[PDB]
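In the model that follows, one finds avibactam (bound form).
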Amino acid sequence: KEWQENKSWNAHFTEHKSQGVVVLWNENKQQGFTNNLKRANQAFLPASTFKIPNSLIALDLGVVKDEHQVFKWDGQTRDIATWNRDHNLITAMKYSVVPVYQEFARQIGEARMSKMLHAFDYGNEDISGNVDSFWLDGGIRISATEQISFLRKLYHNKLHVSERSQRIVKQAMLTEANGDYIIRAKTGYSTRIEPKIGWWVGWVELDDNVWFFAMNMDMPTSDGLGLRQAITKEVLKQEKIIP
Amino acid sequence: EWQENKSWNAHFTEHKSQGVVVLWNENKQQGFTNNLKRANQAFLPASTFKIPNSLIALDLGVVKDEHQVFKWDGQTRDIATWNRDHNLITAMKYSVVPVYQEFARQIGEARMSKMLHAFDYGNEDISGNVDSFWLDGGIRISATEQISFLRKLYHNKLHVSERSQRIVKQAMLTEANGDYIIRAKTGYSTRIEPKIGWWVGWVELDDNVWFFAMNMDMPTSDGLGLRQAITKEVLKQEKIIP
Ligand SMILES: *C(=O)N1C[C@H](NOS(=O)(=O)O)CC[C@H]1C(N)=O
Ligand SMILES: *C(=O)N1C[C@H](NOS(=O)(=O)O)CC[C@H]1C(N)=O
């Protein structure tokens, strides 16, 4: 009853030569839906979806003063062109600018990172590995259903950080908005440790409800990255959440 | 600081319309408009007043937060979306006048005036009914004054809480995608001539913000869509949005 399995959504994966899980949570009904309960509860490296808790911690500790503070480019030209420029929190999140977030993590430090994540009840809460990459090749692991629990807290300002920090992060998560819905979310691509997987987690705000979502899918090559959003939107469209 | 670009009149004329678009490039600190005189013509703000009103209501605790439900008072009105319970997000989205009339009544004449003075909002004149002065009272604000007010809101420089300013900016969210984000509020002044439409707000880009304030003659509701369409035609011309 709390979590129901809806295997019809596999069609959206199969039709895109893909495999994964979409987890949906109807906030009003307090009911959850997924195509794969086992994978929905399978813990994976959060990769860039960790930018959500990382942003929160950095804002609450003053490592990030606000969403306008500029994080200068360190001069090192990296494979993703949008990272080779100055950023603020909005564009660092939009473009998933790793080096900015690595710098935040170093400033936050192992001790505060660890104990702040416990406050968030975040995945296995294990930050073992490099302080600037544990979310990518360290010990930390989070499931799609755990992403939803974490995101619901963020949504309701129930994390144990300031309302302000939560509001700023939810601003930074803004992905898409029109007269039908608003999506606040963060993508992720876990590439360093097998299985390579793509994430999209967040929620869709409607006029009278919110639908949280967490999906992940096998991502052996970057060519499928756009399917993280597309498959999710096919599920949302199937469920009449978005037109 | 204000430069005229008459080529933008094409977007009014071609739509069998007349108005002004005012644009401010925040980075360059330069303003552009198709009609300098109309850019400075003060008009009734109509529903664009939902911006300061929300701000004031939030700061005074009249609105606890964006989730607080404003129960429908029971009166069924013409615009179908107003005949239901609302929160600040949807009240704003649909421009639900009754919810805002109720806010203005709770805020009260004295606190409203003080706030608008502190905001340096238009002529700062709340004369008329406490619950309709923005529609048929003395308050008048120009496109350029809207921009000045909106720039304050954007930088949290208004004298209300930072929180209030954040919540109102959230509530102003109109459209967002990988190219831009628009935070804005539409308006339609129907009760006092000249009947006009408004769209004021801004477009956030990655590395800049373009504030905009447009108003246009609106003798019939047929042209209400042009408030956005003309502005976007201007924004598209300037390569601000694709
Ligand atoms: C995050 O997972 N990463 C940083 C960046 N994010 O792009 S994503 O948001 O679309 O997932 C590239 C992928 C990954 C990384 N290589 O660190
Ligand atoms: C606001 O100016 N009004 C309330 C509502 N707003 O819709 S609008 O923002 O698209 O202009 C209808 C028009 C107007 C009114 N009748 O008071």
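Going down the sequence lines, the chains are called A, B, C, and so on. Shown for chain A, in order and in the PDB entry numbering: 23-265. Heads up, chain B uses the PDB entry numbers, so what you see runs 24-265. Note: hydrogens, waters and symmetry copies are ignored here, and every other heavy atom, side chains too, is used. Whatever order the structure lists ligands and atoms in, that order sets their numbers, starting from 1.
The chain with the most heavy-atom contacts to avibactam (bound form, ligand 1) in this structure is named in the PDB entry as Beta-lactamase. Other chains whose heavy atoms approach avibactam (bound form, ligand 1) within less than 4.0 Å: A.
Contact annotation: A:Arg250 has at least one heavy atom less than 4.0 Å from an atom of avibactam (bound form, ligand 1).
If you look at A:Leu247 next to avibactam (bound form, ligand 1), there are no close heavy atoms at all, none under 4.0 Å.
The shortest contact between atom 16 (N) of avibactam (bound form, ligand 1) and any protein heavy atom is with A:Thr213 OG1, 4.0 Å. From the protein, the heavy atom lying nearest to atom 8 (S) of avibactam (bound form, ligand 1) is A:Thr209 OG1, 3.4 Å.
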